[PDB]
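So, a structure with PF-00835231 (bound form) in it.
The first sequence line is chain A, the next is chain B, and the lettering continues from there. All residue numbers given for chain A refer to the PDB entry; the residues shown span 1-305 in order. Chain B uses the PDB entry numbers throughout; the residues present, in order, are 1-305. If you check the header, you will see the structure was determined by X-ray crystallography, 2.8 Å. Counting starts at 1 for both ligands and their atoms, in listed order. In what follows, every heavy atom counts, from backbone to side chain, and hydrogens, waters and symmetry copies are set aside.
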2 protein chains.
Amino acid sequence: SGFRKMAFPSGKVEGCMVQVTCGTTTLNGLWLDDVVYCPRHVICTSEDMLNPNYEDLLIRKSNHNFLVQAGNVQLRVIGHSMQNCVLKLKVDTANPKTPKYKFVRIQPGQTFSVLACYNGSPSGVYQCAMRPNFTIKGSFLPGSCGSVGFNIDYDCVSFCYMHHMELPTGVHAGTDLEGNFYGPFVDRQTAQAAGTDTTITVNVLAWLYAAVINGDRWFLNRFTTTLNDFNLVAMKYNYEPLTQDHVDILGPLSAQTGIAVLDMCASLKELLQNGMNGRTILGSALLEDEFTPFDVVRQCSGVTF
Amino acid sequence: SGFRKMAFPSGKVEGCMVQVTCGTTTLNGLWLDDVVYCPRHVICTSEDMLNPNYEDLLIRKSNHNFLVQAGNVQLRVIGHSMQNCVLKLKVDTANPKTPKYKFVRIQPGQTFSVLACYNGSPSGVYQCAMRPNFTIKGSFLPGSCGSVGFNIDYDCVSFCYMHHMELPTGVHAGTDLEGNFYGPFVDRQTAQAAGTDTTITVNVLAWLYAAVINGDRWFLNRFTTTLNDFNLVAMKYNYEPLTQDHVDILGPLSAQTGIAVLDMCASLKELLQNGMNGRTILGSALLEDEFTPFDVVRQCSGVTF
Ligand SMILES: *[C@@](O)(CO)[C@H](C[C@@H]1CCNC1=O)NC(=O)[C@H](CC(C)C)NC(=O)c1cc2c(OC)cccc2[nH]1
Ligand SMILES: *[C@@](O)(CO)[C@H](C[C@@H]1CCNC1=O)NC(=O)[C@H](CC(C)C)NC(=O)c1cc2c(OC)cccc2[nH]1
């Protein structure tokens, strides 16, 4: 039993974390096979960051301009290409620690593990969720650019995020491993705001099932609601609408506890209208939306990786 | 910026997790060099765990009664012995992924990272804190015995916890890597109850320092107390008394903010006596206690490994 914010074991990613230096800028790279992936603004100077023409700046660079570091071993760049905001540095040596990998673009509401890195060395691992406004509530310091977000299925690591910047509100934005930004953000040194951030509803419902599975039942009530009537109240409190797919995903959680999904919705409806009155749920004074139904099932059901 | 629970990179510990089977019972083991460490109750069947005589059970066990597997590959046991509640199995092969390691016994309040494992395959990693009643509020499922808790100091990995059981209350208990239980618990199929939990006072002070390092400093009292006077008032609110390593460990955080430890102690006593009056600190208004002063230094500074 128990329920913690759990990230995937990071060992498969640590073997790919390298250091990419170009000029006087240093960030992190992901060394898969004979390619090294890193944010493209490593090639930028301090003056270039304001308004960078990247294909312009990239054409003015060469292979020997990039300093790639893997441990205490300098990796030689034998070629360079650019895919959106991601730089691709081909090297002479392949990574023996390359796992089975894939490049996916997660949908908002999904979760992934972040391996915070500085100068190509892993600092810490933690779990994030892609918020509906395509930002993440991460923990990043200058030099964390190039850190990747990931999920592991069987022995396959599915990369989905690369860190790029920090918004003025403390949240963070980045790209997938193809270079496409999550959200309306761009890789320039400007103050960028995001859209209004809604609450991932189906994540809150799975979190409540996790509390019931762990013996916390103070929030349940003897009422039920229709899917539309719940979405009507949920929309009023800036919650994403619950879909028939979301209800289907919560199926196993409803089966284990015997509480219908539409029953849990009446509890979340009550919680939004009345508050928690100073009590806690799973030790939290707030409604938590950073756990997917899989995250709860993989913990509470007993699934292992 | 961004502050959240952050676990150590689990790669170095991943390469030390193995499977230990005795008859029909399977748990997890820690393989460092040519010795595998695991809970001693692996030599038990279902009815053996009720009232086990561990010295009498080990006398009827041989080296070939032990199945040690790295993945699916078996490591032959060339020697077995017992230290308290852990089992030591000498293996014919030395682990090439063995890092520089240590066996340490941590104090209630210190944090570590748990790498949850099932059948020798790491499942997830999360940060825990040792509660003052010597339990941990973990997240374990059947087959998780042998999962280790650890801290990383530079290139050294310090092992400090080996999981053993789950209390009726939902929390968990275990031993260090020397076999000695944390608390008054024993490895048996017995209903065991921990003592009354308290708040890790040194950890809320580091968290208040973490808030001061950022924006929130609204709770600064401009008052002081003696170490003795605060300890007497803190115990009246189910808070742990401050020891000596507590005051000295808060040193770097006090020098960074210029706010003395005893000055911060009076700010916290003001928050215990009159509450927070609907004000929030670092987001959640719940007085977090699972961040050590190192967790603040390590996160706010970007210490890598
Ligand atoms: C990378 O590590 C550098 O390659 C760095 C990581 C973030 C900054 C510190 N903490 C982080 O998460 N990324 C940046 O510094 C980026 C630069 C590229 C072009 C994206 N810039 C920002 O994150 C940034 C710039 C500004 C700003 O200007 C003006 C004004 C307000 C906020 C802001 N964030
Ligand atoms: C290990 O996997 C056993 O190898 C197992 C892990 C716990 C069980 C599931 N989740 C866990 O954290 N450990 C145990 O089963 C131990 C075995 C002891 C050390 C011999 N037992 C318990 O954790 C346990 C026993 C009892 C109990 O009795 C009956 C009554 C109430 C709670 C309880 N927990």
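Including duplicates, the parts belonging to PF-00835231 (bound form) are ligands 1 and 2. Counting heavy-atom pairs under 4.5 Å, the chain with the most contacts to PF-00835231 (bound form, ligand 1) is listed in the PDB entry as 3C-like proteinase nsp5. In contact with PF-00835231 (bound form, ligand 1) at heavy-atom distances under 4.0 Å, by letter: A. Mapped onto UniProt domains, most residues of chain A near PF-00835231 (bound form, ligand 1) sit in Peptidase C30. Besides PF-00835231 (bound form, ligand 1), no ligands or ions with an atom closer than 4.0 Å to that drug are found. Using UniProt active-site annotations for chain A, the residue nearest to PF-00835231 (bound form, ligand 1) and its heavy-atom distance (rounded to 1 Å) are A:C145, 2 Å. In this deposit, the organism assigned to chain A is Severe acute respiratory syndrome coronavirus 2.
The deposited model shows a covalent link between PF-00835231 (bound form, ligand 1) and A:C145 SG. Residues with a heavy atom within 4.0 Å of PF-00835231 (bound form, ligand 1): A:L27, A:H41, A:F140, A:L141, A:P142, A:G143, A:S144, A:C145, A:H163, A:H164, A:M165, A:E166, A:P168, A:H172, A:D187, A:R188, A:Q189, A:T190, A:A191.
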